[PDB]
Asks: 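Here's one more: a structure with CR8020 in it.
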Amino acid sequence: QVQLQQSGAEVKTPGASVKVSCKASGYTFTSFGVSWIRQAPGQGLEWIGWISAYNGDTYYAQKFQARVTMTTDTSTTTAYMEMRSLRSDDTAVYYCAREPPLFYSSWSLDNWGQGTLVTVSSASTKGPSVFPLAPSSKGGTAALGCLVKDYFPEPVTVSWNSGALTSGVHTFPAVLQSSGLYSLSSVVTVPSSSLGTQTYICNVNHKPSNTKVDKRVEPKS
Amino acid sequence: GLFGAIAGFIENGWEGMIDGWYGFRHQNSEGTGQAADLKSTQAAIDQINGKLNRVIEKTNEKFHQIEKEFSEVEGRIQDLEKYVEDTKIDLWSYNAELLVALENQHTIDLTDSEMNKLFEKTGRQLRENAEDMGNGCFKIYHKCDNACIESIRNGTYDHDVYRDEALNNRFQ
Amino acid sequence: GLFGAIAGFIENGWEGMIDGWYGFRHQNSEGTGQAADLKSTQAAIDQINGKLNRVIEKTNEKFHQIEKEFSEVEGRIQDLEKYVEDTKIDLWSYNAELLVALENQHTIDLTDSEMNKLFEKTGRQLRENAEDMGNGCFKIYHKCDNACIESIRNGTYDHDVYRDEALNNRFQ
Amino acid sequence: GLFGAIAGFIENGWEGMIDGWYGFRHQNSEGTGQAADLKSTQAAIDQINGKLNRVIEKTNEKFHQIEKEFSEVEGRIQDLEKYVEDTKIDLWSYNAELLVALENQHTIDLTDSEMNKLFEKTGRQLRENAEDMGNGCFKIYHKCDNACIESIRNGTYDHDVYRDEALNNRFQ
Amino acid sequence: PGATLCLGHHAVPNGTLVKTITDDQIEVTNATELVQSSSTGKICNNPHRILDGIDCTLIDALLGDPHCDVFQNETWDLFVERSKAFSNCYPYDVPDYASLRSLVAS
Amino acid sequence: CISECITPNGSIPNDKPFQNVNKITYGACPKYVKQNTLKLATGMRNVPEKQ
Amino acid sequence: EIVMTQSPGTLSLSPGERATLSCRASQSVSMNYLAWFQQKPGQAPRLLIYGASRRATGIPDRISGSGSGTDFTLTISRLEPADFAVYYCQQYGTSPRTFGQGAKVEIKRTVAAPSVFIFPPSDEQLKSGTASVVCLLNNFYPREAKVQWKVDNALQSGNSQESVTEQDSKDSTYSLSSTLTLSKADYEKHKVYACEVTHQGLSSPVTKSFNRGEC
Ligand SMILES: *[C@@H]1O[C@H](CO)[C@@H](O[C@@H]2O[C@H](CO)[C@@H](O[C@@H]3O[C@H](CO[C@H]4O[C@H](CO)[C@@H](O)[C@H](O)[C@@H]4O)[C@@H](O)[C@H](O)[C@@H]3O)[C@H](O)[C@H]2NC(C)=O)[C@H](O)[C@H]1NC(C)=O
Ligand SMILES: *[C@@H]1O[C@H](CO[C@@H]2O[C@@H](C)[C@@H](O)[C@@H](O)[C@@H]2O)[C@@H](O[C@@H]2O[C@H](CO)[C@@H](O[C@@H]3O[C@H](CO)[C@@H](O)[C@H](O)[C@@H]3O)[C@H](O)[C@H]2NC(C)=O)[C@H](O)[C@H]1NC(C)=O
Ligand SMILES: *[C@@H]1O[C@H](CO)[C@@H](O[C@@H]2O[C@H](CO)[C@@H](O)[C@H](O)[C@H]2NC(C)=O)[C@H](O)[C@H]1NC(C)=O
């Protein structure tokens, strides 16, 4: 079904290299080109470059002319993108998209890979600390939650009552602190009455640090 | 085909032309490109659609029907019922088979035709400033930038402008 | 059409050619004129007539007929009579519809063909003394008076006579 | 034909070509010769065979049959039996007649096509070193010995080699 | 110098095979099927008025067989007669059953 | 549900000109034929890229 | 290089209305090769339009491109919940290929005020040397909101970050979290901690506070 399958998320320190892969299937691979495009968190799209799996032609944006090289491997029907001398602003999601076999052709980026997140940071891996956000009412509707602080790299999973609690829940996008570690809060809105009876447990799962943690929330008077 | 263009002197198709049925690939000082040609693609599409609709239109048979299945052997009348229905079914099967064949041969020939027409048209436009390479490519004997190529693709190309340069390049 | 001449690269028809199906218009030192071409007009006409006669010949059905209308409801036998007749009528209606379609598509393609053949023929006659303008007109690169034009229309045109003048005019 | 090659601009056939459907006759410094062209002859043959098999395949009708002859007059039921059979026979006769006609027109047009394609192909190969005489013969404007002729017949002919000699011979 | 303008057409990775006059199987880019080979397996109850005859045969409902009483003054476009059907009434026979069934069903 | 064509096998869609399901039908129904598949070409001849 | 400019950067519209997005190019886009892409949160872009008027396959007649030269428009005739997303234009006319930035279409809704809650730092977290105070604005609209922190009635700056959710599936509202970060020292140094929220749906600014070491 014209699928472009991109490699796993990467984490690199400044100065390093990265080589990203795209495995194409569902079309004749040498009949098209492939074009690389990156998007930094909460930002727009920036075209890195284009390569023809057909005649081997190459077009790089002036910006990446120096640090980037694009390749293709016909036997594996696979496109690669290598970036050298990484800085931290290179942190972004990298997409691989299907393009015409010749450069000055008439259509554009018709099929997109899922994208692969490359994070450039000098921060070494760390698991999140989880603290409670405790409810208190001034007989109503009350709010509580979890502060998941100082982890790296993204992502983090958060659920309530092992999935049993959904409606009224909000998990905010992570914010990136000066320290270089992320942080985020998860929050639930529940009836104040059920506060004294039902138990509330937040389950936080940080895959890269091999950390799974569960915390609970009580007022404490 | 009948005109020997598609699977003809045209070596193969371009699977990377997803925006049309027919088109141009070009090479010039600036680089190489591939663009569809809407007019002919639509010519062919319109014909094939017309054909399709002609075939699937108002083809439904509606009238009261005899008994086409029988539990007990009888004799004459039933033998006749069966015979009528078998004859009917055979004639209709034949009609269907033939229809599909004629139609398909035609569809192929007609698409071939469109390719060839687009080609002859391009050549006639190029006049004396180009030569027919024989694979469905023209050699253009003057410098032609992207604007100019487009001028050929969109029909406004003026040959008199490049005639001298081209002739000079062809004949010496 | 299939050859893309009529309603093709030929812009439109000449309603003022009442003496033929195909012809030549010319412009030269003496003035401009319009003349029919009998040979091809008759080619096309003969084909279309042959076709017509093939279609209207000996098409009449003659044999004893069953009862096709009934006053009182009966049962099996009559249900069968009606069924047979309905089936027959549907098959014949289909045959007619298809016939007309195939025939007509062909008639159009064939006339297109004749135009195009007359054109290719003319060009081949003109040899190197003319160029194909792309609208179905040739530019003749030597002075051609009415006698000469006629010589092209009637097939006796000798290109070697004007070759030098024409080439000289084309290439400088 | 539709392409006006066979019984077209090609004057007549060669009864002395017993080794193929299409071919080349040549004249050069060494003498004159006649050779068949296998690729196109086989193109045409393969098509016509495919057609033939499509027509004679699995055309046999097999099912239990009513009584088609009657000794004594009866009435309704028999009148109906006869009517059914007559209708059937007429429809099948029509199908046969039409089939043969369409098929044959096509066979003729398709062979015409093959001739014409072989011709256009040859010309495109010859590029600028030859001219189209209009009878289906090319004038080659350089000395071409038997090896060279063969090189045209077998598709490997390289025009750039003779281009200068030929052009020089055509334009002065 | 100069330039090259190339005419072309499109293609697909896996086409479809069709029949022509001269070829039994030849590959085009796309085709559509003209023979309906499948059913949902169930009779739709619109537009036509479908009268499900259940355990009654139309003739039984005609005559007034007791367990068929639900059918009095019934109308239909298509009357669907089942296999499980049967008659619980006084046994009978109908010369030219087929034709009575026919004209009533009509 | 809505289907104009009814066979004993159940309802069939009448979009197509022919049907292989049952010679017994009711309603506007495709003509019944012996073939279970007939493909009508809606595109040109397919000539895959050499490589 | 060619400069793609989209306006306006955000549209608030209601399902069933028509959205009209603008793309201007610093210079003439060669060949009118201009494409529109759609991106929903978390997913990759989809190709909507290429050649400036031409729909990529599998795309509705309601979505249509128009324009030429320097000036292009993307139109959506009847907005369905699946059409609320971010849209990008790109010009593939020349190298480098360039995109505009992020025109976002979103659901217009009855104005709805935020429910504000304030959470003090966990003692456990205080153990480790840092204090985090969180202010939660729950289920409001429109998205514009001002969260100001006050410590002993001193207006804070530079010490707080905030995160915002995406327009909710059902009620089409946003939520937002502001987080103040202090050294334990500085924290215990003061007493009253307050969070003052200004929003379009509050007749006047709401303040939520606590005193450190209370119950
Ligand atoms: C290759 O084969 C396919 C079929 O096997 C082709 O798909 C067909 O393409 C035609 C022409 O574009 C479409 O006709 C249009 O129909 C729409 C509306 O039709 C409604 O029903 C269809 C089919 O179920 C559905 O897809 C639509 O959403 C509608 O509900 C009209 O508005 C147009 O005017 C036009 O007549 C066929 O609908 C379409 N069939 C299918 C199954 O999609 C395909 O185009 C072929 N590929 C190529 C590029 O030639
Ligand atoms: C057929 O082809 C020619 C050339 O096509 C063009 O070149 C391509 C690479 C694309 O960039 C096209 O956008 C470009 O048009 C067309 O002729 C062109 O017409 C346009 C519009 O009238 C001209 O624009 C003008 O440009 C001048 C200065 O150069 C301005 O002062 C004017 O205000 C105006 O905008 C363009 O110059 C002209 N191209 C050339 C080099 O002659 C033609 O329009 C096109 N299509 C058809 C069917 O006519
Ligand atoms: C529709 O139903 C009929 C029978 O009601 C099916 O025809 C039978 O198919 C089986 C298996 O091929 C044969 O053994 C029987 O002899 C067939 N019966 C008759 C009278 O032809 C038919 O296959 C069904 N069609 C579909 C596609 O469901």
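Chain naming here is simple, since letters A, B, ... match the order of the sequence lines and numbering starts at 1 in each. Per the header: X-ray crystallography, 2.8 Å. Reckoned from all heavy atoms, side chains included, excluding hydrogens, waters and symmetry mates. Only part shown; contacts counted inside that part.
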Asks: What parts of this PDB structure belong to CR8020?
Replies: chains A and G
Asks: Of all chains in the model, which has more heavy-atom pairs under 4.5 Å to CR8020 than the rest, named as UniProt has it?
Replies: Hemagglutinin HA2 chain
Asks: I'm curious which other chains sit close to CR8020, say any heavy atom under 4.5 Å. Can you tell me?
Replies: B, E, F
Asks: Identify the organism of origin of chain B according to the PDB entry.
Replies: Influenza A virus
Asks: State the chain among those of CR8020 with the largest number of heavy-atom pairs under 4.5 Å to chain B.
Replies: chain A
Asks: Short version: PDB name of chain F?
Replies: Hemagglutinin HA1 chain
Asks: Report, by number, the residues of chain B within 4.5 Å of CR8020 (heavy atoms only).
Replies: B:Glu15, B:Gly16, B:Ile18, B:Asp19, B:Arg25, B:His26, B:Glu30, B:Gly31, B:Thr32, B:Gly33, B:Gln34, B:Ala35, B:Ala36, B:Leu38, B:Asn146, B:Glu150, B:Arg153
Asks: Help me out - I need the residues of CR8020 within 4.5 Å of chain B (heavy-atom distances), by chain and number.
Replies: A:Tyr27, A:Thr28, A:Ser31, A:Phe32, A:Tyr54, A:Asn55, A:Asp57, A:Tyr59, A:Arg98, A:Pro101, A:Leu102, A:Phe103, A:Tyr104, A:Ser105, A:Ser106, A:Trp107, A:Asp110, G:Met31, G:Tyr33, G:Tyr50, G:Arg54
Asks: In the PDB file, under what molecule name do you find chain G?
Replies: Antibody CR8020, Light Chain
